[PDB]
J.: 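Take this structure, written in structure tokens, and hold onto it; I'll ask about it next.
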Amino acid sequence: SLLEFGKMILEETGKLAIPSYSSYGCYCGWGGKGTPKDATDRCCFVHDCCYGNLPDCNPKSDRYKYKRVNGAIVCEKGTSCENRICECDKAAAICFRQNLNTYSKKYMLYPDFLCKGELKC
Ligand SMILES: CCCC[C@H]1C(=O)N(c2ccccc2)N(c2ccc(O)cc2)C1=O
């Protein structure tokens, strides 16, 4: 669910998911068009695509369980959907962490009209 993904992001990057990643670029937050602006935006694009591979799951509300094994994120056994949602979130958190060095404030509150393009998953 969104609440856990948010905590996963905070633990991983030290940034509050809601500011930092809820209105960033073309794909972080709500998005469905254009070419990802940078690496972080690409993390969100791939994250959206990951959820897209799970048509019958509900990522926002379905809660999963995960633990930290010395920093490593380990998804615990749950329903099929819960397991797959957790893996999608884990990947996004790591991706955000790997690209913190290029995160830019100029992409925060990015205007919709500047997201022009076609990028298939
Ligand atoms: C702390 C969470 C950061 C997560 C980021 C995300 O993965 N989704 C997201 C992506 C796909 C399905 C559901 C939620 N949304 C998002 C949330 C609310 C909203 O009305 C629109 C988009 C996000 O902000």
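Here the PDB entry sets the residue numbers for chain A, with the shown residues being 1-121 in order. Quick check of the header: X-ray crystallography, 1.6 Å. Note that ligands are numbered from 1 as they come in the structure, with each ligand's atoms numbered from 1 the same way.
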J.: Drug at ligand 1 - which one is it?
T.: oxyphenbutazone
J.: Provide the name in UniProt for the chain that contacts oxyphenbutazone most.
T.: Basic phospholipase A2 VRV-PL-VIIIa
J.: Give the atom numbers and elements of oxyphenbutazone that come within less than 4.0 Å of a heavy atom of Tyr51.
T.: 10 (C), 11 (C), 12 (C)
J.: For oxyphenbutazone, which atoms have a heavy atom of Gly6 less than 4.0 angstrom away?
T.: 1 (C)
J.: Should one rank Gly29, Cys50, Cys88 by closest heavy-atom distance to atom 22 (C) of oxyphenbutazone, which comes out on top?
T.: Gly29
J.: What residue and heavy atom of the protein are closest to atom 17 (C) of oxyphenbutazone, and at what distance?
T.: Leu2 CD2, 3.5 Å
J.: Could you list which atoms of oxyphenbutazone come closer than 4.0 Å to a heavy atom of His47?
T.: 7 (O)
J.: I'm comparing oxyphenbutazone with the natural ligand. Which residues that UniProt lists as binding Ca(2+) in chain A have a heavy atom under 4.0 Å from the drug?
T.: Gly29
J.: Quick one: which oxyphenbutazone atoms are inside 4.0 Å of a heavy atom on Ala17?
T.: 1 (C)
J.: Of the active-site residues annotated in UniProt for chain A, which is closest to oxyphenbutazone, and what is the least heavy-atom distance, rounded to 1 Å?
T.: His47, 3 Å
J.: Give the residue and atom name of whichever protein heavy atom lies nearest to atom 6 (C) of oxyphenbutazone, and the separation in Å to one decimal.
T.: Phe5 CE2, 4.2 Å
J.: Which heavy atom of the protein is the closest neighbour of atom 18 (C) of oxyphenbutazone, given with residue, atom name and distance?
T.: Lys60 NZ, 3.7 Å
J.: If you draw a 4.0 Å sphere around every atom of oxyphenbutazone, which residues of other chains have a heavy atom inside it?
T.: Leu2, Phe5, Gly6, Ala17, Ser22, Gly29, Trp30, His47, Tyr51, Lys60
J.: Could you pull out the N/O contacts under 3.5 angstrom between oxyphenbutazone and the surrounding protein atoms?
T.:
unit_1: oxyphenbutazone; atom_1: 7 (O); unit_2: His47; atom_2: ND1; d: 3.4

